[PDB]
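Structure, nirmatrelvir (bound form) included.
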There are 2 protein chains.
Amino acid sequence: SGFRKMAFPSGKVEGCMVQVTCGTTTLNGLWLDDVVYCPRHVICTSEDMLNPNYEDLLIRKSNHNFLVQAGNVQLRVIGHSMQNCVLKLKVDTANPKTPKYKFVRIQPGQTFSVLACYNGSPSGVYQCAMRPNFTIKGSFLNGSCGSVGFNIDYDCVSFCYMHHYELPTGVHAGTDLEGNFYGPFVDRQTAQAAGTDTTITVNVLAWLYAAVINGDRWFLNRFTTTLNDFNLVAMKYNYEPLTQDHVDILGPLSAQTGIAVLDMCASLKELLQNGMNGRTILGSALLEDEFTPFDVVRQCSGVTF
Amino acid sequence: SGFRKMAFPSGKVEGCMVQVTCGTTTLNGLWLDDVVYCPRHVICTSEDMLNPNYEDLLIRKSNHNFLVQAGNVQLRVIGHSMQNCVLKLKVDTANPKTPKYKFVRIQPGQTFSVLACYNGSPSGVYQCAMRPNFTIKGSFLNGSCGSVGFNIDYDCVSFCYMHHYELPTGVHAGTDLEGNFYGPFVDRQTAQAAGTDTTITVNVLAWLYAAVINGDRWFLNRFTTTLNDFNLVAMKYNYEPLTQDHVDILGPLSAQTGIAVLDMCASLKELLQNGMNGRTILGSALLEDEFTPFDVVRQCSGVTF
Ligand SMILES: *C(=N)[C@H](C[C@@H]1CCNC1=O)NC(=O)[C@@H]1[C@@H]2[C@H](CN1C(=O)[C@@H](NC(=O)C(F)(F)F)C(C)(C)C)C2(C)C
Ligand SMILES: *C(=N)[C@H](C[C@@H]1CCNC1=O)NC(=O)[C@@H]1[C@@H]2[C@H](CN1C(=O)[C@@H](NC(=O)C(F)(F)F)C(C)(C)C)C2(C)C
């Protein structure tokens, strides 16, 4: 029993983390094979960041300007290129701790573990969701950029996120490992708006299923509803519309618990319309949308790596 | 910015995790130097667990009965002893990934990272608090026993917890690494009561400090109060009394924010007496007591390892 916000083991990823210094600026890099990936804004001074010309800034840099450190050991940079908002620094050494990995672009509503790092050293691990507006609600300070988000499939690390930017609202934006931002964001120190955010409806239902599994069943009603009837209510309370693809994804949880997806939608309707009456669900006084169906199955049946 | 439930990096600990099988029963062991630590109830069949005589059960066991596996590799057990509720299995090999470590007995209210494992393989990481009643609110299934809780100080792992037991209420109990339970618990399959739990008052204040740092300040009043005046209210709402040792521990957070500890106590009094009125603090609709002062400083100023 129990249900927590649980990150992947970070070991495989801790071994890829390096420090990248250019002039005065230091942040984190990801060392895979003979290549180090970091945010391109490492080349900036503080004045450049207000409106940088990254091409012109990079032109004024050679390989010896890039100090890459892995623990106490320096790596010799033998090449450099800019791919979108990331820098690829070729080094003379393949990382001997390179795990099996891939680069993926994650869809909104999916989750990942963040290994938050400073000076190329790991500080902490937590789980995030990519929000419908392509922000994340992270925990990041000066020096955190280059920190990555990832998923693990048995022994294969899917890197999906690298950290670049904190919005005025204190939420976060970054890129995939090819340097393409998630959302409308750019790497310049200026106030930038995120969308109106929505609630990830499929995740909420997954978490209701996690609650039932763990015995919290007070919210289960006898009533039912349609897909259409539910979505009309969902629109009202700023929830993602529920698709059939979503219903089918919730199938494992439906199957395990013996509560149809549409009956669970019935429960959520009542919850939205009546509130919680000061009661809790899995220790939460509000409705959590940062667990995928797979996160719930993984945790409530104990998938390992 | 941002503030999340953040565990230590788990790499150092992932390297110490092994699988221990006795007869039919399999759980996790902790492999440090030439010694493997696991819960003693690995020697039990399902019938024994209702009321085990651990001494008599262990007597009928020799070294070859203990299958210890580290990945695909078997370790030859050359000795065995029972220390309280843990089994120490001497093996022929020192773990080459043994980190600097210590064993500590943690105080109620303190936090730690759990690396939840099955079949000696890591599944995930989360943070827990030791509750005043010596239970933890974990996420644990069949096979999770042997999973450990730990803290990290630069490069030194303090192991403080090993998992044994889930109460009827779905919370959890276990031992230190010398096999002494936290709380009144025993390793037998019988319903066991935990204390009335209390709220860890020092942690709540630490988390209010985390909120202010992050810009949640709506709950700040310009009142202050005495220590005694606060404690009177605290007793009422089932909060731990606040001591001067507690005030002194909050000194760094007081210092960082420039809000006196007793002015913050003023805010918490009003919060307890009025409730939150549907408002949130760091995304939470209730008051969180599972962050220590050190956890807040670690996160809101970026301590690494
Ligand atoms: C990477 N090390 C940081 C991550 C930041 C630091 C504070 N918390 C974080 O998550 N990246 C940056 O500092 C980037 C960097 C210049 C400005 N920047 C920002 O994140 C800034 N944001 C904005 O300008 C704002 F608020 F308007 F959106 C900052 C004020 C420093 C938080 C560049 C090149 C974009
Ligand atoms: C270790 N592998 C498990 C951890 C459990 C399994 C489900 N969730 C957990 O955290 N340990 C056990 O199964 C221990 C073990 C026998 C029984 N036991 C229990 O935790 C049981 N609890 C009780 O008897 C209860 F609820 F009354 F307190 C169980 C019902 C299986 C959850 C021994 C030797 C104590």
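Lettering of chains proceeds alphabetically from A, tracking the sequence lines in order. We're sticking with the PDB entry numbering for chain A, so the shown stretch reads 1-305, in order. Numbering, chain B: per the PDB entry, residues 1-305 in sequence. Counting starts at 1 for both ligands and their atoms, following the listed order. Note that these values count all heavy atoms, side chains included, but never hydrogens, waters or copies made by symmetry.
In this entry, more contacts with nirmatrelvir (bound form, ligand 1) come from one chain than from any other, and the PDB entry calls that chain 3C-like proteinase nsp5.
Every other chain with a heavy atom under 4.0 Å from nirmatrelvir (bound form, ligand 1) is named here: A.
Applying a cut-off of 4.0 Å to heavy atoms, one finds the binding site of nirmatrelvir (bound form, ligand 1) to be A:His41, A:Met49, A:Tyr54, A:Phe140, A:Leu141, A:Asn142, A:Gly143, A:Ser144, A:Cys145, A:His163, A:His164, A:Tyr165, A:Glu166, A:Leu167, A:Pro168, A:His172, A:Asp187, A:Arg188, A:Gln189, A:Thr190, A:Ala191. Counting only heavy atoms of the protein, atom 28 (F) of nirmatrelvir (bound form, ligand 1) lies nearest to A:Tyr165 OH, 2.5 Å.
Of all atoms in nirmatrelvir (bound form, ligand 1), numbered sequentially from 1 with element shown, those under 4.0 Å from a heavy atom of A:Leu167 are 26 (F), 28 (F).
In terms of N/O distances under 3.5 Å, nirmatrelvir (bound form, ligand 1) is not approached by A:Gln189. We find a covalent bond linking nirmatrelvir (bound form, ligand 1) to A:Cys145 SG. Lab note: contacts of chain A with nirmatrelvir (bound form, ligand 1) map mostly to UniProt domain Peptidase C30.
Nearest UniProt active-site residue in chain A relative to nirmatrelvir (bound form, ligand 1) (non-hydrogen distance, 1 Å): A:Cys145, 2 Å. Looking from atom 21 (C) of nirmatrelvir (bound form, ligand 1) to the surrounding protein, the closest heavy atom is A:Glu166 O, 4.0 Å.
Within a 4.0 Å radius of atom 10 (O) of nirmatrelvir (bound form, ligand 1), the protein contributes one or more non-hydrogen atoms. The shortest contact between atom 12 (C) of nirmatrelvir (bound form, ligand 1) and any protein heavy atom is with A:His164 O, 3.6 Å.
Listed in the PDB entry as the source organism of chain A is Severe acute respiratory syndrome coronavirus 2.
Considering backbone and side-chain atoms alike, A:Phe140 places an N or O below 3.5 Å from some N or O of nirmatrelvir (bound form, ligand 1).
Polar contact check, A:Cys145 against nirmatrelvir (bound form, ligand 1): a nitrogen or oxygen pair lies under 3.5 Å apart.
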